[PDB]
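Shown next, in structure tokens, is the structure this report addresses.
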Amino acid sequence: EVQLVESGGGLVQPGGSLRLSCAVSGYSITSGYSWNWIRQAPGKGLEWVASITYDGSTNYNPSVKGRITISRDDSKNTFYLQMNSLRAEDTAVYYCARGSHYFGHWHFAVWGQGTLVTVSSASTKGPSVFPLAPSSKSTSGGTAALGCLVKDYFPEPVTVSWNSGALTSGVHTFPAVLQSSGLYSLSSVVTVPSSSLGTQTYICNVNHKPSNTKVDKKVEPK
Amino acid sequence: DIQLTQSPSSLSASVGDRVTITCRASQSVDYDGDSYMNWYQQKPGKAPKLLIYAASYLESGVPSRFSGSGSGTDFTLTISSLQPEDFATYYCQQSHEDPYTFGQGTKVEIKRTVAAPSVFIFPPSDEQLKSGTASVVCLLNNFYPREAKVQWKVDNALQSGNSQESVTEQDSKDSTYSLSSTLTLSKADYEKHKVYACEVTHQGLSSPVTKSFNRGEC
């Protein structure tokens with residue numbers, strides 16, 4: 001099916017510039033009525049910032065216009081968002097989106113997955129990953145809990161998955177908290193049968209792309 | 001520009017109940033018979049999903065319990081019978097004029113039956129300890145309603161100011177919440193005591209539940 005895949009996210013200095021790309025597959029970019037960038041900041045709701053029409057015509061939200069450029073590259077089936085003179089206000093998740101040929105055009109049926117842009121003076125920092133060990137023994141040989149603690153990283157986000165994505169049921173991955181150190185910290189847990197603790201291997205998958213850190217941590221009874 | 005206002009900003013409803021969300025536009029979004037209002041559903045961690053366009057047309061693939069109505073400056077999204085999967089923030093969006101603008105969003109939560117949390121406590125790992133810091137973690141799993149209380153105690157001394165906690169969004173699998181609390185201490189401080197406990201208060205608990213460990217013994 002049609003898919004939009006974003007790149008270019010991460011940490012940006014105040015005054016610096018960003019370049020995002022949206023790679024389209026399963027569909028010709030030239031067939032879209034329009035392509036769009038839409039961002040989402042906490043308590044800001046969703047904000048359309050730019051569009052490019054099939055004939056090449058561009059348009060911008062005045063709330064950011066002048067320091068923003070939308071463009072396309074037909075031959076790579078990709079389109080781009082370039083912004084400069086960045087401020088803290090510009091910290092947000094940025095979505096790419098496809099407009100419609102019908103019913104007034106400017107509704108968005110197809111969205112990318114979104115990529116986070118963080119505007120900060122701080123430097124990147126990879127996480128430490130620590131085991132949250134199970135039980136000592138089960139209660140009543142019943143349901144056990146185990147997890148991974150992903151501590152001291154910057155900026156957001158980190159992704160966590162268990163057993164390379166083959167374990168989703170009973171998984172909870174909490175929102176990060178910002179510590180007073182200025183670094184984020186997050187834990188991810190999963191609940192499983194305690195009779196499986198001895199026979200099943202459990203590995204958490206931690207990825208912090210801004211610091212290029214990937215870790216696979218096996219968690220087992222101490 | 002055209003500013004859109006949704007109401008309410010937040011609601012909670014029993015499974016199966018009818019749910020209606022309102023969107024008011026600062027100016028009419030009507031154009032030659034059509035009404036250019038759109039609705040999106042955004043679930044945690046996902047892109048918004050188009051449900052309705054042109055005020056009343058149900059997007060392909062969207063369940064028929066979703067419907068849209070209205071015209072001019074006033075629009076309504078209706079869920080005939082709220083299902084657990086429908087936990088999300090809902091947005092209206094006008095497509096009559098640029099800049100295209102969204103409402104501030106409406107959070108819909110499912111009010112389920114009372115469920116007590118399962119409680120788990122975790123000592124810091126030896127691995128972490130060598131970095132000079134100790135994190136103690138308390139898990140409250142799969143409960144409803146969201147309100148819960150965590151108290152940290154170290155040799156029966158009530159800990160205040162040295163913990164932070166975090167809550168997941170409502171789980172559509174079963175409309176429950178989970179909660180994580182982390183107690184942070186220096187290595188030196190951690191090694192100075194023996195007994196670490198997590199005491200949990202919640203509506204589905206007739207009296208508080210406590211999980212603990214001894215740093216020494218096990």
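Order of the sequence lines sets the chain letters (A, B, ...), proteins ahead of strands, with each chain counted from 1.
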Okay, next thing: the drug at chains A and B, what is it? omalizumab
What the entry calls chain A: Omalizumab-Fab Heavy chain
Give the name the PDB entry uses for chain B. Omalizumab-Fab Light chain
